Amino acid sequence: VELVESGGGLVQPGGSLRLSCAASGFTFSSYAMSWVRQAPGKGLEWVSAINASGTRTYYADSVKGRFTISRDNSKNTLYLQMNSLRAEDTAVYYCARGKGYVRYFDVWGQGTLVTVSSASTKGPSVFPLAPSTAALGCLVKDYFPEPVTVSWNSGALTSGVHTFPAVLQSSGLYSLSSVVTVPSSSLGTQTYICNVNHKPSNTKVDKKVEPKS
Amino acid sequence: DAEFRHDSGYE
Amino acid sequence: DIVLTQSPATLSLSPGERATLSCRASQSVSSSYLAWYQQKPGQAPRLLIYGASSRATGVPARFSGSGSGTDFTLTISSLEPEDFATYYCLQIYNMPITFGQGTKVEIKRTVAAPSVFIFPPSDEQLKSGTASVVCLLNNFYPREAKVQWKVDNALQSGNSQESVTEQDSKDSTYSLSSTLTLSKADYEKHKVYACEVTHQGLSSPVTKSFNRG
Ligand SMILES: *[C@@H]1O[C@H](CO)[C@@H](O)[C@H](O)[C@H]1NC(C)=O
């Protein structure tokens, strides 16, 4: 029993986007469905719902007249057509299966991130935070939209790693740091590489961070 | 599993 | 609309303690239609309790739900480390479907002072006309911390941004990054860069500084 969403990405305000949710492992046509969203750092908000047959749809006041929920039972797929998108529609969108009238949601998708912004897709610049236990890191600056991933030594280094939540700068671009604390004794012997991946711009960078000359 | 509880006319 | 008010907004509790989470509805809700969800960062909500009192499959007995009318309760008898998460109530009794705003259950641990580090901008960044100065506060508890930036004894107000991690899965501490933004010209105009850190775990403020060059 699974729900797999897709279709998320970046769109400009006033824009349109269609999300899909592919259902497997159960009789899709038997179940009422819903979309639920969660703005970054905020709570769950119901968006829209549809009965099993697709004959009746339901909308939250925030999205009524802008969003259309639909399903294709012959394709085990649920849709959400989002039109006239606004900055406050930015969120992870989840599809959820109704279970019993529907009494609760029992199965959820993995979620798909929708960002609504006028800012253009841009890959990060990656700068070293050189070690002066020692701390070192990478500054991942000036990218858009979320998200970026950071690992160290291609995943081999996890102990003492802290990758901070991104902050939106006044410039409208995100920036974050990833740091690691390591034994002072290892500096200049052990190689430390931060692996940065900004999938929205297909930007990947491996940056060696070393003590400054 | 099939329908949501609602007042008539709910949009 | 049925408003679900969850209280308290946050709980700080030690492993083995009882967690009592409340969900108050603005009007009566059939208990068959009131469910509780657990959510951890990066993950979809997980069904814990449906119909006010029934445990979902896989949910341990330490979770129990009760209540009726307008007052519902989720009790975790003895908190395990994996139980620290955010918890939402949901009603599907009437449209619009509504969620409570969530109760975040965080791990209480002993006071821990931050280890503070300061990082100059890299020469590479200076080539592009901007300077980022980073102050790291590592592995501290509780979350409350103040960072003050001074450049040649000038207090910096408004040109810095902060980011804080979630509690560490190993030690339940927080870390915080503060980034000061300056132009290269300004950076080169000044000598002494300092971040001053105030925290419960520190008897007096701790300052880390460097001299440019
Ligand atoms: C929605 O679908 C269910 C199940 O097929 C059906 O019983 C119900 O009458 C439908 N509701 C409306 C308003 O069409």
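Chains are named by letter, beginning with A, in the same order as the sequence lines. Heads up, chain A uses the PDB entry numbers, so what you see runs 2-101, 109-140, 148-228. Just so it is clear, chain B uses the PDB entry numbers, and the residues here are 1-11, in order. The numbers used for chain C are those of the PDB entry, and the residues that appear cover 1-213, in sequence.
The chain forming the most contacts with chains A and C in this entry appears in the PDB entry as Amyloid beta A4 protein. The drug assigned to chains A and C in the PDB is gantenerumab.
By residue number, the epitope of gantenerumab (chains A and C) on chain B (heavy atoms under 4.5 Å) reads B:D1, B:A2, B:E3, B:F4, B:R5, B:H6, B:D7, B:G9, B:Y10, B:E11. Paratope residues of gantenerumab (chains A and C) towards chain B at a heavy-atom cut-off of 4.5 Å are A:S31, A:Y32, A:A33, A:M34, A:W47, A:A50, A:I51, A:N52, A:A53, A:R57, A:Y59, A:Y60, A:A61, A:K65, A:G99, A:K100, A:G101, A:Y109, A:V110, A:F113, C:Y33, C:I92, C:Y93, C:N94, C:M95, C:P96, C:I97.
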